[PDB]
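Here is a PDB entry that includes ribostamycin.
Labels below follow one simple rule: chain letters A, B, ... track the order of the sequence lines, proteins then strands, and each chain is numbered from 1. Each ligand, and each atom within it, is numbered from 1 in the order the structure gives.
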Amino acid sequence: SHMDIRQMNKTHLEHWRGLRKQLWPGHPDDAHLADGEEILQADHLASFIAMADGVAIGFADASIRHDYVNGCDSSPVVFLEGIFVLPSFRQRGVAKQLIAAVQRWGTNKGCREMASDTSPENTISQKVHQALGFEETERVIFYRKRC
Amino acid sequence: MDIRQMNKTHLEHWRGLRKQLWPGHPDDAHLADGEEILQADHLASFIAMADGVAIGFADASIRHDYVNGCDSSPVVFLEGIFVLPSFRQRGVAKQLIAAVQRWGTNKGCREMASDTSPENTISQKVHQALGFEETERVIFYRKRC
Ligand SMILES: CC(C)(COP(=O)(O)OP(=O)(O)OC[C@H]1O[C@@H](n2cnc3c(N)ncnc32)[C@H](O)[C@H]1OP(=O)(O)O)[C@@H](O)C(=O)NCCC(=O)NCCS
Ligand SMILES: CC(C)(COP(=O)(O)OP(=O)(O)OC[C@H]1O[C@@H](n2cnc3c(N)ncnc32)[C@H](O)[C@H]1OP(=O)(O)O)[C@@H](O)C(=O)NCCC(=O)NCCS
Ligand SMILES: NC[C@H]1O[C@H](O[C@H]2[C@H](O[C@@H]3O[C@H](CO)[C@@H](O)[C@H]3O)[C@@H](O)[C@H](N)C[C@@H]2N)[C@H](N)[C@@H](O)[C@@H]1O
Ligand SMILES: NC[C@H]1O[C@H](O[C@H]2[C@H](O[C@@H]3O[C@H](CO)[C@@H](O)[C@H]3O)[C@@H](O)[C@H](N)C[C@@H]2N)[C@H](N)[C@@H](O)[C@@H]1O
Ligand code: NI
């Protein structure tokens, strides 16, 4: 059956939020709401929803980052902020298409590089990033200190 | 041992220290990076001097995008720090980071962050000793568009 990757607009907010809560549980509910609104008005944020037969089966959040991005040599960079495909629809090339949409968006925005990150423990994610043409650049430990 | 924010006069020596921190970075880029830092409001480097000679530096930025482990924005980010071996373990880095931290606070950052290689044992101890807590460990990927 035919699938479409739609850049998220107001009409897909509920499809998006319903999936996003499955990728990041306990990311606060109020946060999804605000995030959705922020994204709809941004020029450096965009999200994409995989739709087929009227249902949303997956999504990707993306951004255009001007901060230094680990492993990249140019700026700005289009960055894959999160991606999720429902269990029942995996290994069908849904993420491949969502990522192509993110790449197309960042390319049209003038980015020369697309980047992403994932836990060293997320093994399927690593296989997926590599299967899709990303090469691993570096691994780092992040630190935080309250100001 | 004074710490000063970098200006045009410190570029040549900063570049010499910076090439030792990152030998793989094109010399060509140190040139452009220095100009970029001085032109941008969201960037600042600090130089530690002994008898008028630069012996350490820290590059920093105000980051506005997502930063792993942080929950607020902007974030002051320690982009790199280096102290000549002869001056190590004397609190120079501690001092450089204090200066980065004040700059950040004055820019409204509620969090300061940094990152380092899993292999950089010494760096890890330094971060810990200075009050940073480890947040996440990740692998980065890149695909040329
Ligand atoms: C990671 C994820 C988004 C991939 O979605 P997907 O739609 O199943 O991926 P695709 O079908 O487009 O797969 C692309 C490629 O990755 C590879 N791949 C996908 N799943 C794989 C698996 N489980 N094991 C090994 N390789 C796999 C394949 O090499 C290749 O497709 P093909 O060999 O079947 O021809 C999905 O597993 C998911 O939602 N996981 C949980 C959320 C998550 O971990 N996100 C990652 C970072 S936010
Ligand atoms: C990392 C580096 C900048 C630290 O510089 P420094 O001036 O020697 O550090 P400081 O003296 O200010 O030390 C501050 C804290 O780190 C600790 N520390 C410093 N060097 C240490 C070492 N080699 N092993 C264990 N702990 C160490 C100090 O004991 C502690 O002080 P405290 O008494 O307040 O706890 C320096 O070792 C260096 O330039 N390394 C090479 C470049 C690199 O690794 N950069 C880091 C990532 S960008
Ligand atoms: N590739 C997926 C990435 O997901 C998380 O980071 C995202 C972040 O997720 C937060 O982190 C928790 C999961 O660790 C979620 O609950 C959110 O609050 C999200 O809120 C931002 N809008 C975009 C960030 N990229 C991870 N922090 C990061 O390590 C991981 O690499
Ligand atoms: N705290 C040290 C950090 O240094 C490097 O990242 C810096 C980056 O260094 C590039 O990466 C190579 C070393 O990996 C250098 O040759 C430059 O090209 C520099 O060019 C940017 N101006 C600021 C980045 N923070 C590392 N990429 C990062 O992993 C590391 O944790
Ligand atoms: Ni279609």
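The location of ribostamycin, copies and all, is ligands 3 and 4. Structurally, the greatest contact with ribostamycin (ligand 4) is made by what the PDB entry calls aminoglycoside 6'-N-acetyltransferase. Other chains with one or more heavy atoms under 4.0 Å from any atom of ribostamycin (ligand 4): A, B.
The residues of other chains having a heavy atom under 4.0 Å from ribostamycin (ligand 4) are listed as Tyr68(A), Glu138(A), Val140(A), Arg18(B), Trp22(B), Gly24(B), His25(B), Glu79(B), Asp115(B), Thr116(B). Nearest protein neighbour of atom 5 (C) of ribostamycin (ligand 4), counting heavy atoms only, is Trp22(B) NE1, 3.7 Å. Considering only non-hydrogen protein atoms, atom 10 (C) of ribostamycin (ligand 4) sits nearest to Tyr68(A) OH, 4.0 Å. Residues of chain B that UniProt gives as binding substrate and that have a heavy atom less than 4.0 Å from ribostamycin (ligand 4): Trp22(B), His25(B), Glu79(B), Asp115(B).
Nearest to atom 31 (O) of ribostamycin (ligand 4) among the protein's heavy atoms is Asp115(B) OD1, 2.8 Å. Source organism of chain B, per the entry: Salmonella enteritidis. The largest share of chain B residues contacting ribostamycin (ligand 4) lies in UniProt domain N-acetyltransferase.
Proximity to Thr116(B) (heavy-atom distance under 4.0 Å) selects the following atoms of ribostamycin (ligand 4): 31 (O). Considering backbone and side-chain N/O of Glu79(B), one or more are found under 3.5 Å from N/O of ribostamycin (ligand 4).
Atoms of ribostamycin (ligand 4) found under 4.0 Å from any heavy atom of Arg18(B), numbered from 1 in the order shown, are 22 (N). Restricting to residues UniProt lists as binding acetyl-CoA in chain B, the heavy-atom distances under 4.0 Å from ribostamycin (ligand 4) involve none of them. The protein heavy atom nearest to atom 29 (O) of ribostamycin (ligand 4) is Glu138(A) OE2, 2.6 Å. Atoms of ribostamycin (ligand 4) found under 4.0 Å from any heavy atom of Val140(A) (numbered from 1 in listed order, with element): 29 (O).
The protein heavy-atom contact nearest to atom 18 (O) of ribostamycin (ligand 4) is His25(B) ND1, 2.8 Å.
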